[PDB]
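The first residue of the sequence shown is numbered 1, and numbering continues consecutively from there. Atoms within a ligand are numbered from 1 in the order they appear, just like the ligands themselves. Structure determined by X-ray crystallography, 2.9 Å. Hydrogens, waters and symmetry mates are skipped; everything else that's a heavy atom, side chains included, is used.
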Amino acid sequence: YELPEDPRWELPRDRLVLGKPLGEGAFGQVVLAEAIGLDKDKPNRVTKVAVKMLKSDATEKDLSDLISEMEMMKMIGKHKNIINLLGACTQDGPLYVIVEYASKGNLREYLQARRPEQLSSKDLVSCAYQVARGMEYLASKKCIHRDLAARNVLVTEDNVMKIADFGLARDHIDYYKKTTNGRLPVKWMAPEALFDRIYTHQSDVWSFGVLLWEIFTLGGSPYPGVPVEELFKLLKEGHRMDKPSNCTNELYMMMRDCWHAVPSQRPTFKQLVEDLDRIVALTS
Ligand SMILES: COc1cc2nccc(Oc3ccc(NC(=O)NC4CC4)c(Cl)c3)c2cc1C(N)=O
């Protein structure tokens, strides 16, 4: 275990004041932290940051995984609407990967806590637009998410949506095994991805369809009370979820377009961004 230094991102450990943990192990031992002078221009400023690290009893393969994650972020590059890499502590101690902090939790929790401040109809659509922008970027950089969901969209102090866990490789996951927090991850998967193991930017758009439904149900659980075996039957039968209560016909049509049985007929993020752009413009 000897990691190579990268002076682009390298940060001294003495510049990193660690803090309370974040988000229930959902992202693999993350903590709140305070980085003293990330920006070498203003070196006397603290910045609130998130810091992922390896677990108490992590394996040699877990380290391999965490490095790939770090390098992935390096390559993909910066965008407002994704979790950006800020730095890392690689030398003379455990690996710390420092990323942008998102004060107001994930999107599911964010929406649930703000059920009836209010979110204007505009806020919700604005929020959906932002995720589409973030996904357009990732798509432009050949990056397939594979698990796009409100659970993996974080929200900042400034209410900016930041996509997380995009990329994060692996290779036949168990459909039946749940998120121990209380979630069945297969319900976001497109049929081609679910059945045939074929992940594409189109399969992500299917998931974005489900994410839209999540938004306009203020953190609603999709296919509630439907076990795995039943979900298979439903998707096979061409079943699609009902329109949310607070959700226009235009937006529901967008969901349905995202849930088009034929992958190539689904709209691209590029298109979704443009449509959402226009729709945000006309909303209270
Ligand atoms: C308070 O809520 C959170 C804020 C967070 N802010 C930043 C990063 C977080 O966690 C993450 C979330 C994701 C990643 N990693 C990636 O996004 N990696 C990308 C390349 C695959 C990392 Cl390091 C840390 C946060 C998690 C929570 C929370 N309640 O769970």
Review point. What's the drug at ligand 1?
Key: lenvatinib
Review point. Which protein or nucleic acid chain has the most heavy atoms near lenvatinib (ligand 1), under its name in UniProt?
Key: Fibroblast growth factor receptor 1
Practice item. Enumerate the residues contacting lenvatinib (ligand 1) with a heavy-atom distance under 4.0 Å. Key: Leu22, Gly23, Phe27, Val30, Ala50, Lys52, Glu69, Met73, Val99, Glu100, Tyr101, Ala102, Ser103, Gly105, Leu154, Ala164, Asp165, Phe166
Exercise for review: Please name the UniProt domain of chain A carrying most of the interface with lenvatinib (ligand 1).
Suggested key: Protein kinase
